[PDB]
Amino acid sequence: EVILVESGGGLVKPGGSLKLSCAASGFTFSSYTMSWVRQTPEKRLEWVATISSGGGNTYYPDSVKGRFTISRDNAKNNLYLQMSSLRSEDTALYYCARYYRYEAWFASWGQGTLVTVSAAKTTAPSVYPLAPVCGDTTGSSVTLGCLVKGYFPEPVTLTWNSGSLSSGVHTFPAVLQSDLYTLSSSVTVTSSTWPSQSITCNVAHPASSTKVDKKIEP
Amino acid sequence: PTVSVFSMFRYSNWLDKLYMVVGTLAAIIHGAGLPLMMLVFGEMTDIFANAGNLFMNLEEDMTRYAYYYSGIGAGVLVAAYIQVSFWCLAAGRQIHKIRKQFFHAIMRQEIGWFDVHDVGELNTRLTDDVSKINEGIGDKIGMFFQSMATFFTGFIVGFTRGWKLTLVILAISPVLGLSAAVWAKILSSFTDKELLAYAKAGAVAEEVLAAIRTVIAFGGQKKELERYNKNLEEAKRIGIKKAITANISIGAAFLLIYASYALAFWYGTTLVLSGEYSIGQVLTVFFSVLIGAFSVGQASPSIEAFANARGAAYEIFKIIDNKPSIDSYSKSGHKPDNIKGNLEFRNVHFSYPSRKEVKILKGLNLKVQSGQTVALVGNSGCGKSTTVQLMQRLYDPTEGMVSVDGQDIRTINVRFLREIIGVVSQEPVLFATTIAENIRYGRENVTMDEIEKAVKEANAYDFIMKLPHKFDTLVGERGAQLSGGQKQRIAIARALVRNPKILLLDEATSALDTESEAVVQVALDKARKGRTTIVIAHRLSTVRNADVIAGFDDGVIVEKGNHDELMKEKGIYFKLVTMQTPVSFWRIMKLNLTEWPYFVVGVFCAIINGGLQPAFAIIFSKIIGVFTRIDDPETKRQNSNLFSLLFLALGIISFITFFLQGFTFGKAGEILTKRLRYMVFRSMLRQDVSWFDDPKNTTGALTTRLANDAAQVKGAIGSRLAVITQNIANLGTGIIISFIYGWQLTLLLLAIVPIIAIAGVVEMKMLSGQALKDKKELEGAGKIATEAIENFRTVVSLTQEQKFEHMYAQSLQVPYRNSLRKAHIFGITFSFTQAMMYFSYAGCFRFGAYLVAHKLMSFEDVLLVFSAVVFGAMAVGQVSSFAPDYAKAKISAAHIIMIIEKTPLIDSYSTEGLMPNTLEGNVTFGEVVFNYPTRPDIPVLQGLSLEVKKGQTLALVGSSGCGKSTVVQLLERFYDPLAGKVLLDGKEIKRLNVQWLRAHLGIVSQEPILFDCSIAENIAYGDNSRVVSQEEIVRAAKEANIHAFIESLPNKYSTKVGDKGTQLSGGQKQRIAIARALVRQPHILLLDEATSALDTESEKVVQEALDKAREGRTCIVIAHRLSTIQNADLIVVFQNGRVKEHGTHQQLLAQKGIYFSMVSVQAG
Amino acid sequence: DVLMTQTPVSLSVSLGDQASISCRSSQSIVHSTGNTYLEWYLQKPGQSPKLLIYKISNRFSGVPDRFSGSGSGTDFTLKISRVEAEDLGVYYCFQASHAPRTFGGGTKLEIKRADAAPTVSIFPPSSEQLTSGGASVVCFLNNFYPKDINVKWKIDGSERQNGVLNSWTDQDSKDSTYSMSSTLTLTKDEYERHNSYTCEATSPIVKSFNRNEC
Ligand SMILES: CC[C@]1(O)C[C@@H]2CN(CCc3c([nH]c4ccccc34)[C@@](C(=O)OC)(c3cc4c(cc3OC)N(C=O)[C@H]3[C@@](O)(C(=O)OC)[C@H](OC(C)=O)[C@]5(CC)C=CCN6CC[C@]43[C@@H]65)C2)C1
Ligand SMILES: CC(C)CCC[C@@H](C)[C@H]1CC[C@H]2[C@@H]3CC=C4C[C@@H](O)CC[C@]4(C)[C@H]3CC[C@]12C
Ligand SMILES: CC(C)CCC[C@@H](C)[C@H]1CC[C@H]2[C@@H]3CC=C4C[C@@H](O)CC[C@]4(C)[C@H]3CC[C@]12C
Ligand SMILES: CC(C)CCC[C@@H](C)[C@H]1CC[C@H]2[C@@H]3CC=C4C[C@@H](O)CC[C@]4(C)[C@H]3CC[C@]12C
Ligand SMILES: CC(C)CCC[C@@H](C)[C@H]1CC[C@H]2[C@@H]3CC=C4C[C@@H](O)CC[C@]4(C)[C@H]3CC[C@]12C
Ligand SMILES: CC(C)CCC[C@@H](C)[C@H]1CC[C@H]2[C@@H]3CC=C4C[C@@H](O)CC[C@]4(C)[C@H]3CC[C@]12C
Ligand SMILES: CC(C)CCC[C@@H](C)[C@H]1CC[C@H]2[C@@H]3CC=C4C[C@@H](O)CC[C@]4(C)[C@H]3CC[C@]12C
Ligand SMILES: CC(C)CCC[C@@H](C)[C@H]1CC[C@H]2[C@@H]3CC=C4C[C@@H](O)CC[C@]4(C)[C@H]3CC[C@]12C
Ligand SMILES: CC(C)CCC[C@@H](C)[C@H]1CC[C@H]2[C@@H]3CC=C4C[C@@H](O)CC[C@]4(C)[C@H]3CC[C@]12C
């Protein structure tokens, strides 16, 4: 299978210069056209740049040409996008995508990488346990929460017990307010699980190197 | 005119008719072999371009396609062998039959056919015409059929794959056909254009090299040198223009090929991108149709060669179709049995077909009985030799009827009659075999005892005993090894061994001494009693003892009777008897060191032309790699346009650089050849007459050295520097690039490049044909033809043609076998080097599939390595074929630098020596011995001596070739004698100046020779390094009594005269030779044969200017006519070189000696 | 520029019905090669888009035969037959035939289902947050349908607070339900001032707790 992963996206002040890298494995990188596509916060996709298989031809849309610049390193199997003179409207989620024979333009999309361009300063989150009053049970099941609050910028990772708990989880999308983000998550486990063995809320905020595992307690 | 096509294959049997049909089928198959390869290759590239799917089953499919390539390779191996072998065998066998029949037809020919048609033309037409026929019916026809088959297969495969793309190629395809046709027609050994340019200068060279002694005599070398230089510069100009246009043509061929690639790819990507064709389909179509269109032009020299062969076959077949009026191959005539000698001539009018307007004979009637020795007397011109030739039926008389013992010749056999008549001609010739064969040449079965009997009757056994190999001695050409007397006596024996019934001698004792002629005549009277006899000679010693003597006048036999009958008759015979009572040295670049800028530009352009092949390999690999990558239609469209434009630009660069390289090397080469011809010719002129004596280098070796050196040295200099440089650039860049791109595949392909290059060379050599075939063998065969055409006069008497044709055939039997084996060998080598390409395709792409599968290189890299190393080793083969040989060039350069640095005895540009201000005119020769350098064992002088004073008309009289013109050459510094002393007014000629002597005197040559210009520039050749006045031109003409024949011709002093004066008559050219020397006004004058061909009234008007100008200057006249000898001051008779008598004419007439016998020829 | 406009912006489809989206272009896209390039992409909630028909009426490897495309000139359409819950997201129509490549807006697909009621659960502010001077009460309204629900916080039985924060997950591909969270955030002092906190989903669904700590 084709694996494209991306890296290098972080907060930047307007007018700054960023550089994104996307490593590609599982196919012959030096044979395929590759593109960068971008998804805004209103969730409207927009093409950003395209580069051919040798590195000769590159195509940009009028909006972005001059400021952005795409390149590829065929020896390390890497795709780079250099960005300059950023704007607030260039804040979005960036995907690398690989071209398909029979002429379809984006066959294999990578995972996103989130790029924010604002004056807001980095702010580590505040993780809070959530348990029922005095450990009260709701029958044969227990629902536990975890609240992260007041962070910036958006990307934040939340798991339960390093990913062991995955079946009955409900993470809710982040809500921006006062240049700060708020996110929450719930888990549902049998009554014979949580009071017996404790459940840990793993939170990470790469922007601030924050990483906290908060155990839920009655 | 030319023969029909049905009459070219006239000597074709059932076996030769089968060879041609099967060679034609195999050539068709071989032809269709290549477009099928392009079809498989197009289909194969789709397996590699769609190989990787997001490589399984790539090596299986490349196994199948390796089987396809190897099957086509095997088919082409077998078919190409069959094609070449069978066509060369058909042509070989047919040419053999043609050679034999041609010579056999030349033998069965009327006498005088050779006078009409020169025998250098026969001997040269023989070999040239048979080679020119052979060329056209050989493998050129197989190649023609192969190329037509390639054309049709190409277009059928094209139209079946996709028609839209083939139609576009077909629209530009006639231009491709014309480009290729013009290229190959220009290419087919465009050497005759240079020969046509140099023809005129070679004519001047052959003129001056016919009369080297004459030109040296007048001393006018510089004038002829200016003429040669003018002709030479004209030829140089034509050559420069020819190089310009030939190279422009090659350049436009390449421009068109590359722009064709550009168009094919620009439209083929439109079709691929639209989805209609694939990339393999486009490769298939483009290459198939391009190759078909080029193969049509690869067959254009075949129609040329066939037209030339048709032309030459017309001449040969016409020679073999004519049947003469007399021929020894017809048995119709009756053979008599009871042989009795009886001659009957009556009313015999006959004329020579050569000059039929003149009638020498006006009827002769004669009846001669058995044994009657009949002698015929008369001056030279009545036709005694004509009667001798009339006897053997060399001709037929126009009026009357001739008979021999009752019945006429005209109903009886020519062979039987010819064998029984032993005849000896005036000047015999002897065959260059052993003397035993020579005497055996009388008849078939003669044993050595009869040989000894006949040679002892000829009294020619002494010189047989003194010389080694007494029966094994190979006599030289034309009897040069032995002496004249021995030769004539053994010729008598050769006539006698036939045991004749009628004997006919003609001048049997021309140069014979007393006792040998006596014993010969005694033997002749020992074998005359059973045979009729007719003897013709000048000596009246062997005439007085005959039976009946007769006398010719105006061809008519006027006097008849015995001795005393003509004594009492008191006629002309009475008057006659009343009066009678290693190394090789390299300096070839120094020769061309003056033209350095042309070489700088040329080597630069050659580097670029070598680099043009790897650049194409790279561009081609990249275009095919545009469609093996996963890119969008815009990327593919832009990159395809970029690379099509690069094809076009490479085309333009190729046009310019080909033009320039060809033009600059051609200009340098032509400057070099002009300078070389000039320097060599000036050096030849500066060599004395003693160097020219050598029979190797007298006439032909020097002109062939001029027209060979010209080509050869430019070959060495230009070939070396251009071909080594172009091929180094080409292959070096190809191999380096293909090593950095893939080294395993490169090492595999590096073992196959020798065979691809040599395959190119063998093919191109097949296209040029064969320059020389069985050289040694052709010599062995043609020596017989030479000696049989030269001795024709003798051999028609001897009637030994059959026994000569058999010798020819036997001499042919070795080159025949040799040629059939050579065909079976050449077929194999050609077929193998042709199949090697298909096997190389198969091997390379199987290895390539292996590498691509293990991901050790890309497809584009396999394609680049293949194209640079294999598509670009064919170009090495072509380039290396086109270059002229270096070995022949280097040996030619060795010979040229030998002749150039050659140093002769005396220098012509040397004024050093004794230069006295005054002279006296007295000459004195004493004890002067001269031996020819060519003949060092035979002395022609024995220490002669002389004394000459002012105004002394000194006459020299003797036999022919006894040291008459020797004293001339011994004065004019042609030869310097080994011993002797020559005082010229007390001044030895060896210490004087060499040009002064040749400037003071002036002579007339033995034979007058004039130059290719008007008569004005004939007489104004006599005085050079000086402004010639026309008042002396008309004065000398009036004095020589030629002014009338000049003032009569239109454009009197600008009438262009032929070579040697072939337009005007012998008397006039003898007069204008007298006027040519008259302008010299010499203080010492010589005349050799001043009245050879002149009238009797013209001699008095020639001598009257001499008699008035004899005073003051020493005069020396050598002639045979006594008229100028009676009035001379002193006379010197010679005998084998020795001065016998000298003094005043009266003192020689008082004491009767040998000179008295000289005066006793025809006076009274 | 050529801009694509998709006719329905939201599309509700019963499970088993047929769903037809259409993407009318503006410049009648057709390349110079005579091919017209028009692809459809599907983004399922929380994943990267995925290819669906790389031209008019082709199908990508792995894509069921329910998806079919068909279009001509300047009007193109996509039809799905027998929708399932797995096929649930935003459908974009990309066109790469002209020199700026443009996507469409999108058409959210929503599968209908039997109205369920939330498992509501309320959570009291943690000790850690109270120490820093803050109090946030959190109430999850899990696995309900349809989306439209109202939550009303009651402090001390009467104080209908309004300073809350709400956030909806997207429709779950497994059970087609929704969820959402209601977070009531105030000061530690304004919280301590009261005892009973009630969460009410809207016969409403109530949940509540009584203390500042237990
Ligand atoms: C009987 C002997 C033999 O058949 C001769 C000769 C070589 N053989 C192998 C068969 C062959 C030929 N082409 C092939 C293409 C693919 C696969 C096999 C072959 C060729 C032929 O066409 O015969 C009908 C030929 C080829 C080239 C050649 C002159 C030449 O002979 C006429 N070139 C000299 O420089 C090159 C080229 O530029 C040219 O022709 O210029 C004079 C030539 O372009 C054209 C229009 O041909 C081309 C392209 C085909 C360009 C680059 C290199 N490739 C390699 C050489 C060359 C070719 C046949 C065996
Ligand atoms: C015309 C004379 C001199 C030569 C005869 C031409 C031969 C070689 C021709 C006759 C019929 C031709 C074939 C006709 C049908 C096809 C099928 C197609 O899918 C590939 C080409 C192919 C395979 C052609 C190849 C060339 C071919 C075999
Ligand atoms: C040797 C000469 C006279 C051949 C005649 C030239 C022909 C072959 C040339 C002239 C104009 C060309 C045509 C012009 C228009 C088109 C229409 C298209 O749908 C296919 C190609 C096609 C059909 C071209 C094919 C080649 C063509 C027909
Ligand atoms: C006479 C030689 C040297 C050149 C002749 C060139 C002619 C035959 C070639 C050159 C360019 C070619 C055209 C290239 C472009 C097109 C457009 C295509 O969609 C139809 C075919 C058509 C119309 C081709 C027809 C044939 C064409 C006109
Ligand atoms: C004399 C004949 C055989 C030559 C035919 C003319 C060739 C040289 C001409 C015909 C059409 C031309 C092409 C027409 C259009 C373009 C697009 C441009 O962006 C690159 C050059 C390119 C690709 C041209 C290359 C040269 C070309 C192929
Ligand atoms: C670094 C290396 C591998 C560069 C490769 C150079 C090779 C390809 C060069 C070097 C010497 C060259 C050869 C030198 C001499 C001649 C002899 C002549 O009769 C034909 C050309 C020929 C045969 C040249 C062909 C090209 C050649 C073989
Ligand atoms: C190992 C590397 C350098 C391989 C280079 C290939 C060499 C060995 C090959 C390439 C081309 C070949 C030459 C091609 C043509 C000629 C001309 C002929 O009249 C003599 C053989 C000669 C001179 C060949 C000799 C071998 C040769 C020089
Ligand atoms: C005339 C002489 C030099 C014969 C050379 C023939 C070569 C070129 C031919 C002969 C038979 C061919 C082989 C036939 C069978 C196979 C087996 C397969 O697993 C690999 C390809 C391979 C190995 C072919 C490659 C080319 C091959 C080896
Ligand atoms: C070029 C001509 C004259 C003969 C050369 C034949 C070469 C190219 C052929 C002969 C032997 C062949 C090999 C035969 C079998 C194997 C084994 C395996 O590992 C796959 C490829 C490989 C290695 C083949 C590659 C092609 C090969 C190397």
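Within every chain, numbering begins at 1; the chains are lettered A, B, ... in the order of the sequence lines, protein sequences first and strands thereafter. All ligand and atom numbering here is 1-based and tracks the order in the structure. Structure determined by electron microscopy, 3.2 Å. As a basis for the values below, the full set of heavy atoms in this structure was taken, side chains included, without hydrogen atoms, waters or symmetry mates.
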Drug name for ligand 1: vincristine
Main binding partner of vincristine (name per UniProt): ATP-dependent translocase ABCB1
Chains under 4.0 Å from vincristine (heavy-atom): B
UniProt TM segment numbers of chain B, heavy atom under 4.0 Å from vincristine: 1, 5, 6, 11, 12
UniProt ATP site of chain B, residues within 4.0 Å of vincristine by heavy atom: none
4.0 Å heavy-atom contacts with vincristine: B:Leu34, B:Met37, B:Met38, B:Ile257, B:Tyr261, B:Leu290, B:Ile291, B:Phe294, B:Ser295, B:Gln298, B:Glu763, B:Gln834, B:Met837, B:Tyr841, B:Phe871, B:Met874, B:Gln878
